[PDB]
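Just below is one structure, and these are the notes that go with it.
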Amino acid sequence: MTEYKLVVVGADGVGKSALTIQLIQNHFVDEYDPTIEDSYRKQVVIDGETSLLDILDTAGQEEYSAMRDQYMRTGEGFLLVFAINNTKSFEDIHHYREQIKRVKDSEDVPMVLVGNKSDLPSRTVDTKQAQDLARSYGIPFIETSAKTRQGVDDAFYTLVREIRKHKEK
Ligand SMILES: C#Cc1c(F)ccc2cc(O)cc(-c3ncc4c(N5C[C@H]6CC[C@@H](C5)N6)nc(OC[C@@]56CCCN5C[C@H](F)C6)nc4c3F)c12
Ligand SMILES: Nc1nc2c(ncn2[C@@H]2O[C@H](COP(=O)(O)OP(=O)(O)CP(=O)(O)O)[C@@H](O)[C@H]2O)c(=O)[nH]1
Ligand SMILES: [Mg+2]
């Protein structure tokens, strides 16, 4: 069975774990341990292909050991998550993309930009700003809410499709 290694990255509090748990368990809860980093799996059918998604939900201290580089390098695609109510989380996207390009040693890594917490009224990052950034990176942009489930399947399935496009090259 086909398997895809997906990694969910971004600033604290943006909703990486809530997104992951929506994908796997189809629900939202008010609280998630902010400290837990681990991998999870879901079996999915995307465009008729059955596959296993192994999802690394990142967390924990900001450290750059060689071991951490090597683990990140096994990721085949990355969700770059920010929250639409947190400008700093959007500003930090650049850094996460640089670290991915560094460990993958490539300017062509499958990535999707994800603007999470789309249900909240307290927007500080404009949709247009995010679209322009994703266009500049050459990657898709998906608006999500882990709370309502808006966009969640689309974000993960779009990342799988980006991985397939890379595999065709
Ligand atoms: C992820 C990943 C990541 C990759 F995708 C790819 C390759 C990587 C190779 C690494 O060896 C290591 C990583 C990696 N591991 C953890 C990070 C992290 N933490 C602290 C918090 C926020 C998320 C979670 C984990 N808990 N924080 C920031 O950056 C935070 C900011 C704010 C304070 C200063 N820095 C610089 C920028 F300004 C942004 N980067 C991180 C990072 F790159 C990598
Ligand atoms: N309204 C709303 N709340 C969200 C959404 N996604 C996550 N949350 C909430 O935001 C907070 C952070 O959620 P969490 O999933 O732990 O984020 P994280 O990015 O995993 C935090 P860490 O970086 O420490 O692992 C929680 O209170 C969570 O329920 C969303 O789409 N909408
Ligand atoms: Mg988390």
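Throughout, residue positions are numbered sequentially from 1 according to the sequence presented. Just so you know, ligand 1 is whichever comes first in the structure, and atom 1 is the first atom listed for that ligand.
The chain forming the most contacts with ligand 1 in this entry appears in the PDB entry as GTPase KRas. This structure shows the drug at ligand 1 to be MRTX1133.
Looking at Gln61, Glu98, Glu63, it is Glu63 that brings a heavy atom closest to atom 12 (C) of MRTX1133.
The protein non-hydrogen atom at the shortest distance from atom 30 (C) of MRTX1133 is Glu62 OE1, 3.2 Å. Residue contacts with MRTX1133 for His95 involve side-chain atoms from C-beta outward but no N, CA, C or O (heavy atoms, distance under 4.0 Å).
Protein heavy atom in closest approach to atom 41 (C) of MRTX1133: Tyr64 OH, 3.4 Å.
Nearest residue to atom 39 (C) of MRTX1133 from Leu56, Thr35, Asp92 is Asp92 (criterion: closest heavy atom). The protein atom (non-hydrogen) at minimum distance from atom 8 (C) of MRTX1133 is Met72 CG, 3.6 Å. Not one N or O of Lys16 is nearer than 3.5 Å to an N or O of MRTX1133, by distance alone. For atom 23 (C) of MRTX1133, the closest heavy atom belonging to the protein is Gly10 O, 3.4 Å.
This entry records no covalent bond between MRTX1133 and any chain.
The protein heavy-atom contact nearest to atom 9 (C) of MRTX1133 is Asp69 OD1, 3.3 Å. Looking at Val103 next to MRTX1133, no N or O pair under 3.5 Å apart turns up. Checked against a 3.5 angstrom limit, the closest N/O atoms of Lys88 and MRTX1133 fall outside it. According to the entry, the source organism of chain A is Homo sapiens. Considering both main-chain and side-chain atoms, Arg68 comes within under 3.5 Å of MRTX1133 through a nitrogen or oxygen pair. Atom 28 (C) of MRTX1133 has its closest protein heavy atom at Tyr96 OH, 3.3 Å. Heavy-atom contacts of MRTX1133 within 4.0 Å involve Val9, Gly10, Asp12, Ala59, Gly60, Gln61, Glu62, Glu63, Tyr64, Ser65, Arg68, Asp69, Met72, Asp92, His95, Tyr96, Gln99, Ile100, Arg102, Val103.
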